[PDB]
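Worksheet: one structure, shown below.
Chain A is numbered as in the PDB entry, which gives 25-57, 59-252, 254-294 for the residues shown. The figures that follow rest on heavy atoms only: side chains count, while hydrogens, waters and symmetry mates do not. Whatever order the structure lists them in is the order used to number ligands and atoms, beginning at 1. Method on record in the header is X-ray crystallography, 1.3 Å.
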Amino acid sequence: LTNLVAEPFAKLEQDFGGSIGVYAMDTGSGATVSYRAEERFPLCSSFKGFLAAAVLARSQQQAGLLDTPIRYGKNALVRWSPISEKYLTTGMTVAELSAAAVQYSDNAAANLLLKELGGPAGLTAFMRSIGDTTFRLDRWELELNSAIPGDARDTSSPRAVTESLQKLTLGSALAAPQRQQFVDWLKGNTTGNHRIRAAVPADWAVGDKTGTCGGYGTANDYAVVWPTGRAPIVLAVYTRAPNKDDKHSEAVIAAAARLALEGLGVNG
Ligand SMILES: *C(=O)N1C[C@H](NOS(=O)(=O)O)CC[C@H]1C(=O)NC1CCNCC1
């Protein structure tokens, strides 16, 4: 049921000037669209969705975790910490840090939560526990964004991202209350309006998490999409490019998402 209908991904990535990786699954039928789906791409900020899921998994055994207040110093505030910079003098709860990491891609929040889990290896361990053998987080923010060609650090594949996203948002990897909280955080993301969401009709629910490394044309988005009247679709779109100064393209990500939905026969 993979690639029953061919779509012009090669032309798209040639127009972009790099590589595009796509994996999309119709959870009703199991039909899939797959293009470079098992290649590694840098995660960039997109690890923060899985980070929040790992926090929620821990909260299943720690009823007080989400409302625990976390104070932090000015040295925690790295580039692009738009929420946590406004609460430097007060602190925020674990749940607020999680929401900020997901919905505003807040870098200081992500590092604080990584510390709670035992660092990149602790998040990687959570991903292993749900059956993901591809994901690896190796470094903290901001070092994880280097996006070096051929470097497997801080990467996954579009397929493994989609499979893990499906387990966490629709499957049984989280308990039902935590699953719905993860979905609600993704639905409230503010950074993805020009990526997968731009390919999705406004009357369909979407949750997503973006990433943009800042070099090597490297940027991405993954999402769960609920078309009305049919089963949800899960998909991931990742990009990279050969030159350090190559720019990312939001339009290419939206275009790739459109081709994925077309390949699944989903009328938008
Ligand atoms: C994530 O990849 N981020 C965090 C933030 N939001 O972008 S998004 O695409 O996740 O929404 C800014 C870009 C990126 C990031 O952390 N970039 C680093 C800091 C800015 N200079 C380049 C590296």
### Query
Which macromolecule in this structure makes the most heavy-atom contacts with ligand 1, going by the name the PDB entry uses?
Beta-lactamase
### Query
At ligand 1, which drug is present?
relebactam (bound form)
### Message
Quick one: what's in the binding site of relebactam (bound form) at 4.0 Å, using heavy-atom distances?
### Response
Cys69, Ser70, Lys73, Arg104, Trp105, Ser130, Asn132, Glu166, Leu167, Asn170, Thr216, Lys234, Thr235, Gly236, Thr237, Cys238
### Query
Quick check: does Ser71 get an N/O under 3.5 Å from an N/O on relebactam (bound form)?
no
### Task
Give the residue and atom of any covalent bond from relebactam (bound form) to a chain.
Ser70 OG
### Query
For chain A, what organism does the entry report?
Klebsiella pneumoniae
#### Entry: Identity and distance of the protein heavy atom lying nearest atom 14 (C) of relebactam (bound form)
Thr237 O, 3.0 Å
### Query
Quick one: does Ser130 get an N or O within less than 3.5 Å of an N or O on relebactam (bound form)?
yes
### Task
Give the residue, atom name and distance (to 0.1 Å) of the protein heavy atom nearest atom 16 (O) of relebactam (bound form).
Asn132 ND2, 3.0 Å
### Task
Write out the residue and atom name of the closest protein heavy atom to atom 11 (O) of relebactam (bound form), then the distance separating them to 0.1 Å.
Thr235 OG1, 2.9 Å
